[PDB]
Peer 1: 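Before anything else, here's the structure in question.
Heads up: chain A is whatever sequence line comes first, chain B the next one, etc. The PDB entry numbering applies to chain A: residues 1-218, in that order. Numbering of chain B is taken from the PDB entry, so the residues present carry the numbers 119-226, in order. The residues of chain C that appear here are 1-213 by the PDB entry count, in order. Read the numbers this way: they start at 1 and go in the same order the structure lists the ligands and their atoms. These numbers come from the heavy atoms of this one structure, side chains and all, not from hydrogens, waters or symmetry mates.
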Amino acid sequence: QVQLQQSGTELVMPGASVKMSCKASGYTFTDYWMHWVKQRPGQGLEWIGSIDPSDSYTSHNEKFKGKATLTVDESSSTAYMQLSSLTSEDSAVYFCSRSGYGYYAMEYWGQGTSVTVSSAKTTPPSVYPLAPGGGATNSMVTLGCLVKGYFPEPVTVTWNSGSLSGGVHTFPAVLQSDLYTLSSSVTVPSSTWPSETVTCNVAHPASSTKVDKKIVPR
Amino acid sequence: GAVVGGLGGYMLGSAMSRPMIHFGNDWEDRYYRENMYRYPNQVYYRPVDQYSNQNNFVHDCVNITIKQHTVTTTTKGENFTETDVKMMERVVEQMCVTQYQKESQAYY
Amino acid sequence: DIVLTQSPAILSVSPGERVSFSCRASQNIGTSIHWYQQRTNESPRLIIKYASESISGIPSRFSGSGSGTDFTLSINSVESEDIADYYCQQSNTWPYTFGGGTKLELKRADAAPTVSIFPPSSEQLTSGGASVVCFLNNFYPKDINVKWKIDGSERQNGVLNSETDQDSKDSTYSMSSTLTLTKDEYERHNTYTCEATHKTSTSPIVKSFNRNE
Ligand SMILES: CN(C)CCCN1c2ccccc2Sc2ccc(Cl)cc21
């Protein structure tokens, strides 16, 4: 079975370069063209450039010519793309893919390398409890946790060590300053809060951070 | 056999089998398959000793071979388009690389 | 450059219904169009090649037709795993180009958002920060506008928004909106309002709180 193996993430400083790998297996490497495709968060696919591993002949989207350098290492059956002078515009997922034999549908795809361009250092999140305080019926209370100013992604958010699950919305992180912020809501019967404890648990593996924040009225 | 294509200092390599080449899209693959007979199957080069490295040899081998092939083709009243020259460049480069490797080895 | 125009940009469908979407090319490309499916946070996957040719391991419910400039992908009966973005791509000539994509979503009954507003925590206020949070949960359809007001005056600065993907169980959407102010700026005012304009009502839903209280 053909596999295309790409590194999951790269964190890179603005102005720096990154060289991302796509390691192929399960077929004759030199028999098929390899392709690179960009996808900005929430946006569509953009072709960057393609390479023939037999002789390293390349073709580029004109916009990437001078920006993306495509090479292969035949010995390790590996295709590489080097991106230089990175900016926030380069923050994206980069896929490699492989076409057919003399046919150019992209038959196999790597899982993509997620590139984040930032000069931020590793920063644990500040975790703030979001409590109503007031008159709010439904028999349903909504509580929340604000997870502010961390880097890099990801954080993991649970409620009551995962024992809460049915009414939780954890939103995708957003860029705030040079750092990430996310929020999570949990909707629960008014019996159970504040009668019993509702706690949000926030793990930030990169900073070896693990914080429990009990939601307290007022 | 009979490489000395003097000249001029240039030499003519032996004929090589034409490789299957894929150009990365549907139109060019077809164009190539149909037109590849119009392109060289041997290269002109200067003796390998006269070059600093492979890239230098290859670059010159490509230009000399294409130039010479172009004059012979114009004499026959035929013309190369920009696609022809891009494709010729690639396949002649492959042949020049092979020629260099064989010429470079010739040191035994 | 061959431009590929895909329409519509979003298609709402009911499970089991037969759906189609279109890709049109600015120049004739023969049959050199290929279709890809991309589910949330996954790689694209080839589903039809060269206009109409099936792919090993792809369900037979997928088909394509067309030749020249006008292409169509059809799904005979949509399993829920088909909810995804769909892209066409041409490989006739350089540069390769992609369509802008068509998003598939599940059709459900319209549902107004459940709106909750939260003042800054004492904890955050202690650090000189003030974030006002508004959750707009479980609404449909996806389109929604949020406006912030402070003491009656609208504000479009220091506002960060975030959206969830369509819920796998109830097919609804949720949004988070956070207004961040300096603790000092925040104290200069009393009333804070999150204001949601949704299709479900011509009257915007207003949630607000007064510091004096
Ligand atoms: C284009 N310009 C450099 C003139 C080249 C003409 N040329 C050439 C030059 C000087 C002395 C003898 C020759 S014969 C010959 C054989 C093969 C090739 Cl490739 C060229 C030449």
Peer 1: What drug are we dealing with at ligand 1, do you know?
Peer 2: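 It is the drug chlorpromazine.
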Peer 1: Any idea which macromolecule chlorpromazine contacts most in this entry, and what UniProt calls it?
Peer 2: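 Most heavy-atom pairs under 4.5 Å are with Major prion protein.
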Peer 1: Going by heavy atoms only, which other chains approach chlorpromazine to less than 4.0 Å?
Peer 2: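 Counting heavy atoms only, the answer is B.
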Peer 1: Which residue and non-hydrogen atom of the protein lie closest to atom 6 (C) of chlorpromazine, and at what distance in Å?
Peer 2: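 Its nearest protein heavy-atom neighbour is B:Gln186 NE2, 4.6 Å.
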Peer 1: Any non-hydrogen protein atom below 4.0 Å of atom 18 (C) of chlorpromazine?
Peer 2: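 Within 4.0 Å of atom 18 (C) of chlorpromazine, protein heavy atoms are found.
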Peer 1: Tell me which protein heavy atom sits closest to atom 7 (N) of chlorpromazine, plus the residue, atom name and distance to 0.1 Å.
Peer 2: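 Ranking protein heavy atoms by distance from atom 7 (N) of chlorpromazine, first comes B:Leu125 CD2, 4.5 Å.
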Peer 1: Hey, quick one: what organism does the entry say chain B comes from?
Peer 2: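 The entry gives Mus musculus.
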Peer 1: Using a strict 4.0 Å cut-off to heavy atoms of B:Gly126, name the atoms of chlorpromazine that fall inside it.
Peer 2: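 This gives 11 (C), 12 (C) as the contact atoms.
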Peer 1: Under 4.0 Å from any heavy atom of B:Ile182, which atoms of chlorpromazine are there?
Peer 2: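 In order of number, 19 (Cl).
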Peer 1: Any protein heavy-atom neighbour for atom 15 (C) of chlorpromazine (distance below 4.0 angstrom)?
Peer 2: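 It does; a protein heavy atom is within 4.0 Å.
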Peer 1: Would you say atom 9 (C) of chlorpromazine makes contact with the protein, given that contact here means a non-hydrogen protein atom less than 4.0 Å away?
Peer 2: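 False for atom 9 (C) of chlorpromazine.
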Peer 1: By chain and residue number, what forms the binding site of chlorpromazine with heavy atoms closer than 4.0 Å?
Peer 2: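 Counting heavy atoms, it is made of B:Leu125, B:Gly126, B:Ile182, B:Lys185, B:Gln186.
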